[PDB]
Amino acid sequence: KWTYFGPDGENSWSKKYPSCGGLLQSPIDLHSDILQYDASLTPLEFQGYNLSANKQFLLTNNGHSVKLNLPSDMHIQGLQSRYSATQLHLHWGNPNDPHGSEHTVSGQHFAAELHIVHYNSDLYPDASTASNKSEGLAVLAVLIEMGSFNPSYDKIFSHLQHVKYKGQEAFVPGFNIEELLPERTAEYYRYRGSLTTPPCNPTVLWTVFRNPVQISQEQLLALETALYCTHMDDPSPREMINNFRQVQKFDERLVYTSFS
Amino acid sequence: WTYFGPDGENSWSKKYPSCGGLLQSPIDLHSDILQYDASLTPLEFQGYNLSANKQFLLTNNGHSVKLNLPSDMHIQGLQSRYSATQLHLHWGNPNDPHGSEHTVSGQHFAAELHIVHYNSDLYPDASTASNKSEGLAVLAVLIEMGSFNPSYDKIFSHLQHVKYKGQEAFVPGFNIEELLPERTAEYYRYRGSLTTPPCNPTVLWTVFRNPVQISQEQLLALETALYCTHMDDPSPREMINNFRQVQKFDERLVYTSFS
Ligand SMILES: CC(=O)Nc1nnc(S(N)(=O)=O)s1
Ligand SMILES: CC(=O)Nc1nnc(S(N)(=O)=O)s1
Ligand SMILES: [Zn+2]
Ligand SMILES: [Zn+2]
């Protein structure tokens, strides 16, 4: 068992999960000294992202975040291999410190961060098998900041009060996932990293979009207050907050950008 | 332990339990956790003008370069008297010269100086005080690249003498107060820990608000003059990026002596 605070917190993950203390760890801070423009970084193509409204997708509180299961028919085109979706989830802070993104830019956190996880379907049958193997995963990261109300993100957030406790699930009708992506997706940061949660396998090709999306103060507060990492029948509930990993050392390396 | 590799910071907790415990330092000094406190009056640095006729030990311990300080120098202004034991530094590398431990509004500084003191009213020495309540007080000075600093050079000029792990050299006494920034009355104050194993949560931190400046040449010397390996080692390793990543610090338990 692992957590984001306490005895089983991130500084202790390496005890049970060796890779968490290994190489190519994520997340990292994106700042000028280690950024480099690469004109070869072309735009990714998002296929099958417009999920059928006649299909239902499982939303689950897994005790670490709120996740939405995604179908393998939606995928990313533009990488060396085809990567098919498996799930999306988020990371956030808390009402008193609403800056819980995992990746930071010039030392600055964003309010939250969305991760759309994909696995190499050309080499592996599923995300489980691909997770601990070479070039097994590709994650898209969307930085989130407080601003205007976001109807698209609310297609997920409107169900939060129904997955308040660990293990609980709800069904979300399909909608266009591309609606969760920011403007100018052609502009992004790219680097080889790891899962930001145990086992921390260094098998993730990260793509962090340059521009953030906005959600309202109310939407952000709901995300920061509606969930608990404990079961509903728990006499001592524990709020699911600050579920992001601290940035990791990033030395002798460069993060390449598709923008100058 | 080291600052990189299997024995790196994410693995410190395997051998040193407190590194995975509470009140860990360093932290990001940002508005969300700050709180102005008028009770935080100016500290007085006594006995800091070390006799130029006396020599003080400079040592490369494989983790940093440290200078031993006499117990007669101490901080005045805190509840108990804290006597000095040593000072040392933390820095980054030439390609990414941002190796301070603490950050301000998410920003790292080029380097950071720590002047370590122990509670001499409660404990007999630094070693005994290290893992006990109210045992330590560290003064942190943020360092950025700028104009040449003659005072810091009183230390840097001796770096080649302690180039390798285990090496020692003598440094004539000078006024340590010269290493402090302007307006020392302005600082951040919080209860934290040692930033290296055993990471004991016994440190009262005082991070001065304003940074000092050292020249690009001084910073480069610091980033390239030392090795964490012994003299003539078959695989020499440069001493760089010897700082710990910032730790989560939830509650607004960081106080400032300024508004
Ligand atoms: C989806 C899956 O199999 N697990 C993951 N664990 N952490 C992930 S993250 N935060 O790096 O995107 S994805
Ligand atoms: C002084 C001493 O014996 N050890 C120290 N270890 N870490 C220290 S720090 N980086 O928190 O100031 S001081
Ligand atoms: Zn994630
Ligand atoms: Zn130190």
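A note on names: the letters A, B, ... follow the listed sequences, proteins ahead of strands, and every chain is numbered from 1. Recorded method is X-ray crystallography, 1.5 Å. Whatever order the structure lists them in is the order used to number ligands and atoms, beginning at 1.
The name the PDB entry gives to the main binding partner of ligand 1 in this structure is carbonic anhydrase XII. The drug or candidate drug modeled at ligand 1 is acetazolamide. Lab note: other chains with heavy atoms under 4.0 Å from acetazolamide (ligand 1) -> A. Protein heavy atom in closest approach to atom 5 (C) of acetazolamide (ligand 1): A:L195 CD2, 3.7 Å. The N/O atoms of A:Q87, backbone and side chain alike, include none that comes under 3.5 Å of an N/O atom in acetazolamide (ligand 1). Distances between N or O atoms of A:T196 and those of acetazolamide (ligand 1) include at least one value under 3.5 Å.
Residue contact check: A:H89 has heavy atoms under 4.0 Å from atoms 8 (C), 9 (S), 10 (N), 12 (O), 13 (S) of acetazolamide (ligand 1). Here is the list of acetazolamide (ligand 1) atoms found below 4.0 Å of a heavy atom in A:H91: 10 (N). Per UniProt, the domain of chain A home to most contacts with acetazolamide (ligand 1) is Alpha-carbonic anhydrase.
The PDB entry names the source organism for chain A as Homo sapiens.
Of all protein heavy atoms, the one lying nearest to atom 6 (N) of acetazolamide (ligand 1) is A:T197 OG1, 3.0 Å. Residue contacts with acetazolamide (ligand 1): A:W206 is placed with no nitrogen or oxygen under 3.5 Å of a nitrogen or oxygen of the ligand (distance criterion only).
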